[PDB]
Structures are given as C-alpha cells and as structure tokens.
Peer 1: 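I have a structure I would like to understand better, so I am pasting it below and will then ask my questions one at a time.
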Amino acid sequence: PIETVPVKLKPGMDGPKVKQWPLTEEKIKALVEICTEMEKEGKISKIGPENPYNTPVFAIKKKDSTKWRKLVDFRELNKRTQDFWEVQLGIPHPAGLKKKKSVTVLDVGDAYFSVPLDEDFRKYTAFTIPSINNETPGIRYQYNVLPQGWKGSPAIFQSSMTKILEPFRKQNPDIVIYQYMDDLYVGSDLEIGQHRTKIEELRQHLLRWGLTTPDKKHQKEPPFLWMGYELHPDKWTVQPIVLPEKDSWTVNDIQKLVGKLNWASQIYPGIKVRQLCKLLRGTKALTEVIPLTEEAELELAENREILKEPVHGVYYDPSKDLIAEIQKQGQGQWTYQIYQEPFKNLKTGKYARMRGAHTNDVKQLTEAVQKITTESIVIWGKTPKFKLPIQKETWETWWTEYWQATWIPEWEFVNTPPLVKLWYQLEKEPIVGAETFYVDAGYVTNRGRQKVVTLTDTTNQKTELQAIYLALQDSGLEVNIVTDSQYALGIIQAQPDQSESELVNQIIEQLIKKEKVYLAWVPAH
Amino acid sequence: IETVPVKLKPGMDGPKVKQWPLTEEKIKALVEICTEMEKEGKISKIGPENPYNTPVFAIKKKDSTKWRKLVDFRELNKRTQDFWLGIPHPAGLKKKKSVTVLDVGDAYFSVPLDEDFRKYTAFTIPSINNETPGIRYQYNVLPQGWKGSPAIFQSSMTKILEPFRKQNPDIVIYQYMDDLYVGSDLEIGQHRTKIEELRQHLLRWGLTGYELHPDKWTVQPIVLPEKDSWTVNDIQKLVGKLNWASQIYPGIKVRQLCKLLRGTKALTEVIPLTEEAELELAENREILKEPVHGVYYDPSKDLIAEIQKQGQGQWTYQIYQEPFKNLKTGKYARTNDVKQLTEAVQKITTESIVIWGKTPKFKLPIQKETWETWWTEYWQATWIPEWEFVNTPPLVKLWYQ
Ligand SMILES: Cc1ccnc2c1NC(=O)c1cccnc1N2C1CC1
Ligand SMILES: [Mg+2]
C-alpha cells in the first residue's frame, strides 16, 4: 500500500469543533447512500462518540448533471493544519521541453481517494450525517484516505505519486512522465505501437495501487491546451488569440487587449503595444470609451497582421547551442529571440523595464542581457551565446568607467542597425581657454557674462538642472561648467541618453551638440 | 553516539528560503554529491510534511578538480540558539607572520545531529525547467556551514588539539566555522612542514591550502595630490576633498586654500600658492598621515564593509562600525568585474576574521540579479557573509584612492 505521511495541527491548536448545518431529509438520504458506498470501500469508517471534532458536510449535484455529490467544507481544519512543502508551484515553459514522437495524457481518477491518511490525524476529519427522526441516529465518520478540499491533499498526493512512479521510471528510462496535478503527460519516441503498449504497462502499474486511468479509446489526443499554451509532440504556441474588430473601445477593452498582446510576445515577434498603452492616459473609469489615434490603429492593424500568420515555437535540442539575439525596437524598447537553428525560434520576448529615471542604451542593453540570462538558466539550465548590435569598444568604454560592477557573458557583435553607441562623452579634465560657467537658476562666467533667470513651480533639485541647462544653451562648443549640485553631477555623469524628465532630455540634447564639455563640482558655501 | 540538544531562539520558526536557480552543471554536481552522502547516511530524503528550506550551491575547490557543496545557512544561523569558554579570539593572530587556513569541515560528519533539530536543515536540489519536483533532504549529522557545528564539536576538537597545542605552543590555532587558522612566525619553509604534520596529526584521528601573511597588511590613508603647479580646478578638487575629510579630522582648515579661489577665474588658470596656503596644505597633509585617533572595535556591534569600483581593476574598501570612524581601509587590484568583486569580498572577509574574529556585512556596488547569478562561479570560501546592494555616489569614489 502507499506509505503514510505524518500530519500535525499547528502548535497549540485543537481540532475543529463546528456545527453541521441542518440538512433536508432529501439531502440526508443522498449523503447516507454516498457514505455507505464509501465505508464498504474503506474510504471512511463510522466512529464512536468518543470523538468531539466536527466538520460540516453538504450535498450538491454535478454541474449540468442529475446526480448527488458530497462536499465537505474544510476551512477550519485547514486553518489549523500545519503547512506542507509547496505543491508544484513553478511550471515548465514549453520552449524547454524536448520533442517526442508521441505524448499521452493519462487522467487519474479518484486520485486522492486511493491514498491513506495519517492514522493519528484521521480523528480531525470527523463529520456528521444528520438523522431524520429526532432521537434516532446521527451517523458519525472520519476519513481514512485523503479528503478533497483538505489542505494537505495536493502535496501528499504529489509526493506519493512520485514514489509509485519511481520504479517504472528506472525500468523505463525511455519514457518521460510529467505530473501536473491530476494529469500525467507521458511522452516517448517509441514506434507508435510500442508506445501504446508501454502506456498500457503504465496503466497496469498504477492499477496495482488502485489508480484508475482512461483506456486508449478515451484518452485526450494532442494538441493539448495547457496553461495558455497549445502543445504538440513536435512544436508549441500560445492558444490562438483573436483581435476584435470593434469601432468603440472601452478603457477595459484596451487593458484586456494589452494583456493578451503581452502574452503573445513570447512567440510572436514584432508585437507592439506602446500606442495602445498611451490610450490609458488620464482615464477616469473602466467603462469610459477612448477613440483610437491614427497611431493606435496602425499599431493595432499591424498586430492584427502578425497574429494572422500562426507561428509555433520549436522544442529544445540539448545537443545544440542556444543563441540569443537582441535588437533595439525603439526608444527604450528591445526585442530578442532565442534559437538553436536560424529563424527556428524556441522563444521570443521584449524588454522595456526602465530601472531608474535616466539611462542610456548601453546600460539598458546590459540589463536586457541579465534578464535573458536568468530566464535561460531557468528554462534550459545554461546561458545562451548572445549576438548584440554593439561593438566591444563602445561596451568596454562605458563598463570600464561606470561605478557599478557589471558583466556581460560570451558575445558576438552583429551588424544589425540600429547599433548602440554612446551619444556624447564628458571631458575627463578641464578644457583650456573654454569659457568657465559658474552656476548656482543663473550663471556667471570668467568673461563677465551672466543671467539670473526666472522659474516658477520649480523644485529645489529641478532649479539646479535648469541652471546647467542655461549654461549649455548660451555657451560655445567647448565649455567648463562648475556646479555645487551633487545631484546634477550624478545625473549627468551617468551620461543618460533618455530621461523621464523633459528638462533632462533637453540638457541631453545640448550635450550631444557640444564638442567638449567638462563638469566640475565644488562644495556649497 | 549521544546527541546534544539544539534549539532555535525562543519563539522562532525554521527557515523557508527560496533556492536561487542553478545551471545544469551545478545540479548534476549536487546530485552526485548528495547521492553518496545519502548512501553513507549523512542526509535523508524527506516528505511534504517538512515545509522548511535552505538554498544550496556547488563551488569548486581551489586547485582541485572536485566540487564542494555549499549550504547557505545564513537564515538558520541567525535563528539557532546562541551557544552557552575557550574560543575567544586571539589578538596574536594578526601579528603572526604566516597563517594557514584549513578546511576541517568533514570532521562534523562523524557527530550525529539532534533528531528534533534535523528538519530545520531541509534543502532541495531543483530540477531544470521544473520538469520534476526537486529532491528534498535534511541532515542527520552536523552540517558544514551551520554555526552550531563548531560549538557542538568544540569538546571533541580541543581534545584532539591539546597535544599539538602544548607540543608546539609557538603556534596559534583559531577555528571559525569550517576553518582552522594556524598561525606562526617560523620561516615559510618551517611553517609548511609543521602544517603538514598537523595534517596527519588530525588524520590520526580521522580529520583531513590558503596562506596569509597578516604581518604585512596595512591601512590605505586618504591622500592629497602633490603637484608641480596648481590650477584653479586642482584647488577646487582639493578644497572638496579636504572639506569631506575635515569631518573625520577637524584640524583640517581650508581658509587660505579657499582664498585663492575667489573670483570667477578660468578653470585652467594656474594659481601660485601663497605662503599661508602652502603651510595650510602642509598641516593637512601631516594630519592625514595616520588613522584618526580614538576608534576602537566594539564586539557588540556590527562590522560594516563598503567597496568602491575605482577603475583599471582597482577597488577600495573601508571597514567600520560607525560612519567616518573606520577600523580599516584598504585597496584591492586584480578577468571581469564580478570576478574581481567576489575575490575582494572573500579577501576582506578573511581579514576581518583574522583581525576581529567576525565577518562583516557588505554593501556591494552591483545589481542583485547579476550578483546572484555569478558569485558561485568564483566563490571559494566555505562561509557566506551577509550582503546588501547599493548605489555608489560618484563623490565618494573620488575621495578614495
Ligand atoms: C504540459 C507538459 C509538461 C511537461 N512535459 C510535457 C507536457 N506536455 C506535452 O504535451 C509535451 C509536448 C511535447 C513534448 N513533451 C511534452 N511533455 C513531456 C512529458 C512528455
Ligand atoms: Mg557655484
């Protein structure tokens, strides 16, 4: 039989003592037939009045079916039951699977009901079938197997299935079995007749421990729709997403559209949501209607075209290399694809995470590489070889002078415009005979020049940036700027090429036009 | 054998820490190691009823082609009861000429672990792409990297170490976690031999690399540029650096130096220094020639270590308990950035152990995800300091090196 897992209640806690709700002679009749079928099956056993714990039971019928079902409400038992090691809380991504010639899904029936429950814990599973006559019975029972709806069932079940399946796995290294809750996906490369026979041997093996599964005639056939994917033994994709042809778009419509579109990016390359996301600005209600912009519908129209052509992902070939490739799609947007054979994508993606208010493409490209690397270790257990549109020299120049430690794995330059470059470089030492601007919102130069300008609604820090803006504006192609603003120095010295701040974007516009610029900080008073 | 009972601090529960993802290479390594530890009965497979977890990793041994299982027991150590006296740090170890660090980790495996504590040591070998559930185990013996292991093993160790200790009291012996720091003044040749002997003198009883020279460790002082001519720009960087430093050493005046700065002069204008500005600079320079007076190590406080990426393969670091009151400052020079950083962390950690007998809490200039990904590629120590991730201010880097 399957070995028992020891269970306990959270410390300093007693079993549930809750009142069974008043039933109905009708429902009492049903529960009594159900519990009787069950006690003959060993699943449950009548108990003495020795036991003081109680859990409410009730009866429902099958959804769109005329037949009685027994439900047991375990909220209280559950609040008091100890925590278990998480059930499978992380799932496989299709791109990390290996192709199989045939895949079969075996649905396990009465899974839980076939597994024993800790002998000393059974008492807490007590429930009561009420009598129809006043001083007549009031049938008491406890569970002997794992109850549906109880906290520890999924975990105990998974754990046990794993022990039952182990022997079969050793004798059958050819077969690959994946356990997902109630299902068993079983794949192999055997000739189809050999496969069918193995599946039968698995069914036999599982029957020895009382586990029932569906016969060849009643087994689901690929493709399998799983977790938003559509799986074939030889390829995968997201289950078809269809774009509406509405003329009126609600704020809510757009968020659903963006969500779906986002999901599609994992295999559909070229998907864009920037303009559809812009429709959300300042919206006042989930039911407000927003008209599309010339831009939002070009984008929508473009996405609608990409999605028409169904594209599938290919499965992983462990004997081959993983290559990851990256392209700048637009300002702050990057797309990548990971493949083993050219244009035969295992998976695609987009990166737009801005980590901070100001950045440059080098920094951002580097964070893109990190994300992909982490994703890769998780799906395939190894880092891919990257192809990036940046030359080592640009990379090295930035890395070498940035204050944070950084690293980019094995990479090959790929000439795919647009190429990433640094748009400007700050001088490392002061420029000889270039005017010197002393800023504090206004400046004074060594040549007697000056401007004390006016700003309203300006914050302390934003007044500092403005001053620098002024100096850059009224100066020539070579400047020396002296500021006491460690904040400004920080922003600019990171050499951003894009910013959330408009003012920063202007300063940036000026830094790109200059020949040589040198920034220096000096203490306050 | 007889198990000494161990317990968590009052009211605490066991750890539930997530396992950072591992590459196929490290997983296989761990599956190999753990399979034989299980045959030997050091670890056992557990069931779903144990909800605890500690991250595990595989590092390479130094100049050995074998892997070492590394267990991140940081969370559990913080929660293990404090222990209960013949271990307080020998201040003589820092002045020794030669010091050898030995890994006495396997000794711990011969002593069983309190049956009730065991569940807290749970860990998991993850699988790739979550295709399989992940193997779960817990220790039956004292694990390497747990603060309880050296404590519980204290007695059995003093005993096997009293002979060498009196048959060779020219040697200092300190144990911290899995290591034994053996110190001496002998010639580096006399040393390696005496070290080998201890090796067999431990092999005698069943026990089975790193060579330091603490006598040659020194402080990295704050420095001032010395130069032929001084431009307006030089003086400016000078006053800025001096001003910062004045908060540590108040005797620093900048009055005359600031005076040469009046006017809105061109940044490149050379400025011959007066007689007063010259003497002022002289005194400042004199002041900074040594560590500020007064600072002392408080064993009841945390040791904090900060690192800065200078450039060209150079890093600066300071160790303090209170800001500006540095216990030590230093420099580290060389690869890639991450590798350099890990080696600087391990080096700074060993130092702290050797000087104060404790590991520092680091403030690292790197993003978490990058660090979490690569540190184990280059890690070699058998311990793991605590660390946090920070954004270095461009001004501080300047003020160092
Ligand atoms: C959902 C799922 C999760 C994990 N593995 C698989 C599957 N399902 C499949 O249909 C699948 C498809 C292709 C190859 N293996 C597959 N299988 C492997 C087990 C044979
Ligand atoms: Mg000023």
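Order of sequence lines = order of chain letters (A, B, ...). Note that chain A is numbered according to the PDB entry, with residues 4-443, 455-539 shown in order. Here chain B follows the PDB entry, giving residues 5-88, 92-215, 231-356, 362-428 in order. Header says: X-ray crystallography, 2.2 Å. First listed ligand is number 1; within each ligand, the first listed atom is number 1.
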Peer 1: Can you remind me what the drug at ligand 1 is called?
Peer 2: nevirapine
Peer 1: Any idea which macromolecule nevirapine (ligand 1) contacts most in this entry, and what the PDB entry calls it?
Peer 2: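 Most heavy-atom pairs belong to HIV-1 reverse transcriptase.
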Peer 1: Write down the other chains contacting nevirapine (ligand 1), where contact means heavy atoms under 4.0 Å apart.
Peer 2: A
Peer 1: Could you find the nearest protein heavy atom to atom 10 (O) of nevirapine (ligand 1) and give me its residue, atom name and distance?
Peer 2: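 Residue, atom and distance for the closest contact: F227(A) CD1, 3.3 Å.
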Peer 1: Against heavy atoms of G190(A), which atoms of nevirapine (ligand 1) measure under 4.0 Å?
Peer 2: 20 (C)
Peer 1: Which atoms of nevirapine (ligand 1) have any heavy atom of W229(A) under 4.0 Å away?
Peer 2: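 Checking each atom against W229(A), I get 1 (C).
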Peer 1: Please list, in number order, the atoms of nevirapine (ligand 1) under 4.0 Å from a heavy atom of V179(A).
Peer 2: 19 (C), 20 (C)
Peer 1: Which atoms of nevirapine (ligand 1) have any heavy atom of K101(A) under 4.0 Å away?
Peer 2: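 Matching atoms, with element in brackets: 14 (C).
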Peer 1: Counting from 1, what nevirapine (ligand 1) atoms have a heavy atom of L234(A) closer than 4.0 Å?
Peer 2: 1 (C), 10 (O)
Peer 1: So is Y318(A) in contact with nevirapine (ligand 1), going by heavy-atom distances below 4.0 Å?
Peer 2: yes
Peer 1: Would you mind running through nevirapine (ligand 1) and noting each atom that sits below 4.0 Å from a heavy atom of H235(A)?
Peer 2: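 Per the distance check, 12 (C), 13 (C).
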Peer 1: Can you list, by chain and number, the residues with heavy atoms within 4.0 Å of nevirapine (ligand 1)?
Peer 2: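 Heavy atoms under 4.0 Å: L100(A), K101(A), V106(A), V179(A), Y181(A), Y188(A), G190(A), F227(A), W229(A), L234(A), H235(A), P236(A), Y318(A).
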